[PDB]
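Pictured: Protein farnesyltransferase subunit beta, co-complexed with tipifarnib.
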Amino acid sequence: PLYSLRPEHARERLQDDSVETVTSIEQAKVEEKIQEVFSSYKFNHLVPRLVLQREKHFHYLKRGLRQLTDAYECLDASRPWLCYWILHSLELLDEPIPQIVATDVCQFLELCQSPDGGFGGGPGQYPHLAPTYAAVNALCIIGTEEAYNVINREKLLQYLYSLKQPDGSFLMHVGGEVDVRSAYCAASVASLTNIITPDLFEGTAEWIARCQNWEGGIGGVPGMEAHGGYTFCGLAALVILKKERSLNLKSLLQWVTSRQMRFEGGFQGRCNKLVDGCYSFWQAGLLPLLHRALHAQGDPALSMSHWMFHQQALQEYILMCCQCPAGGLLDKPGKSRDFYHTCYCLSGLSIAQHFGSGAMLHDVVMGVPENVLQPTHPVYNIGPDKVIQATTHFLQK
Amino acid sequence: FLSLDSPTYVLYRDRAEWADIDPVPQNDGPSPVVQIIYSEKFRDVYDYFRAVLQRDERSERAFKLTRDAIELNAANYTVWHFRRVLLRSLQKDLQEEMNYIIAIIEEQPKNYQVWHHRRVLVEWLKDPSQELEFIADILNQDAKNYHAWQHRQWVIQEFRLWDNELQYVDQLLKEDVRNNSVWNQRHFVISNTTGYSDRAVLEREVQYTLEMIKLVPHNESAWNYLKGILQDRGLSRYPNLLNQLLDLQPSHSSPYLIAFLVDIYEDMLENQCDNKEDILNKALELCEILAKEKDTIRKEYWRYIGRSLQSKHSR
Ligand SMILES: Cn1cncc1[C@@](N)(c1ccc(Cl)cc1)c1ccc2c(c1)c(-c1cccc(Cl)c1)cc(=O)n2C
Ligand SMILES: [Zn+2]
């Protein structure tokens, strides 16, 4: 029937070796809950029963894109994201953006953009790289020359240069601090716009690699526990910089793959920590990357039909434990809907349904064939088509 | 000097202290997108903050205004900026301001902007005299709090305060040996104090790591550690290991043991060992018990291992 429900799967529950600790107790609550979930779909299963709520998830997006309750008030200084998550989630789900909505959106990001480069959390806020990767990403999703011309490439590049450090690391914002993520931001942004001077990323390939530790993963700044949010940013940033090899790619693959939960099906963000909503892109979203590298080196043992993670199980998770009836997707069962996971669960699912490396193109679509999501580029997490339109456009300046 | 939350709180609009200054509304444009329907208490504060900010008013009244803007959205980096500005010109007593920041962190241990501020202060004063007690208190509520650990490695490296860290490490490891963050913090204190090159230390760690495995066999931490401090010089370079693990094998099995042995075989073949073919099977055999039974979720991967080995150690 379904991996998550095969009888033998009951043999994949946590074994605390009769030694209870806080981590054990907490992971126990999770498996047990996620058990009821797989188990209710064990009193019926009549027609195709794992359906992605296209429409419910659509009102959600459709609306928040124009107005948010007073809830998302702490996102007050991070609105560009709100523009990205939503336009990328609409994109995946396959909903066109009214050519009107686009201009309206191009007009907003316009107001955030700093007179010295980069974008702020909202109109009239200092430039920072999180909202800047969001803006450029959201504007490239829109892909109209209106969107593309919003970005002031010169001031974009000066700004990036003002965050640069001697050791090849980028400050998150002026005065702020530096973690791997800031690098992935500067590159992802300076990439699509085609604004990479020859010495812009010097020493960054190096500084990023310095964040990989004994686990095989990557942490925020050297010496930190391995983490999926950062591990993605590290590699994808390096993949752009064409230095994937600068990493011990083998201990990485070994770390990522081990992070998927044998019982839950989804990925955890750090060894010995709960499964989670996203991480269906921050983690699983890495295997597409490692493939390109392992294959860029030659390595003839790479499957031609699948990623190197259990796709069936991940989809069986996102579709069966993260969808809120109301709409949008969750962390883990009973954790509240939010435009952030609403995006990274749809991005991870897409990653878990879409395989291709070269001429080979093999998809797996758990649930109903209507759950077939739109492809998403593993590095910039935006339509692989929009990536092309972006560069192809800017690579003429 | 009121408080955002006192039942006696009053908007800045209905205030005397702020009568002389026009608030500045937001500019979402003619046709707003992903616009928030701010409450009326929230909107108020910021309209009056923009104002201060917009005129760069380094005033003692605004200084406190920023404390309310911070509390309404502590992820607002712009406001946090304008506060350090006011702290330095107004010349506010940074130790009184340390007591402030100690408070917000206790209230929102998961903000990335609220710890940076505390990092700014600590280096602004050159004083780590507290910190570690603080950091321990936060991690005592959530021991896998990323920022805390990060800010704790900072305070340790920057002020060479190692000493009792491996000590703290051992403590937390008792409280929950599954705390993967403490197995990291541990490698942080060791590779920077004595490294692992030292035969005695690398030996001390491996026994602990081993007697820790035997205690809680399915804990994946004590495994990634014994696999990562050894895979340094080469997992293949330590003979006696590959056996002992085959000893724990019955009453301590788990794909964390079976996986480990595969890792060992792989390196052995890599350092051109004996019984070549024989080992090359002891591996592909284990790749299957795992890919097909003991660790199915990872099947697609344990097959790559299998095919990778065959294509590179049999022909
Ligand atoms: C650490 N984490 C894991 N899952 C969720 C979270 C997070 N603690 C978080 C914190 C910092 C960063 Cl840079 C990324 C993610 C979290 C938790 C809940 C959240 C959001 C973020 C975010 C959010 C806000 C800005 C950027 C990003 Cl990437 C996420 C929005 C939101 O509406 N909700 C409910
Ligand atoms: Zn999450």
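The sequence lines are lettered as chains in the order written, beginning with A. Here chain A follows the PDB entry for its numbers: 22-418, in order, are the residues you see. The numbers used for chain B are those of the PDB entry, and the residues that appear cover 55-369, in sequence. Scope of the values below: all heavy atoms of this structure, side chains included, with no hydrogens, waters or symmetry mates. Remember, it's 1-based here, ligands and their atoms both numbered in the order they're listed.
The full list of places where tipifarnib can be found here is ligand 1. The letters of other chains with a heavy atom under 4.0 Å from tipifarnib are A. Using 4.0 Å as the cut-off, the other ligands and ions neighbouring tipifarnib are ligand 2 (zinc ion). Proximity by heavy atom, under 4.0 Å to tipifarnib, holds for these of the UniProt (2E,6E)-farnesyl diphosphate-binding residues in chain A: A/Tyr300. Among the UniProt-annotated Zn(2+)-binding residues of chain A, those with a heavy atom closer than 4.0 Å to tipifarnib are the following: A/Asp297. The organism that the PDB names for chain A is Rattus norvegicus. Using a 4.0 Å heavy-atom cut-off, the binding site of tipifarnib is formed by A/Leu96, A/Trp102, A/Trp106, A/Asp297, A/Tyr300, A/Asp359, A/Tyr361.
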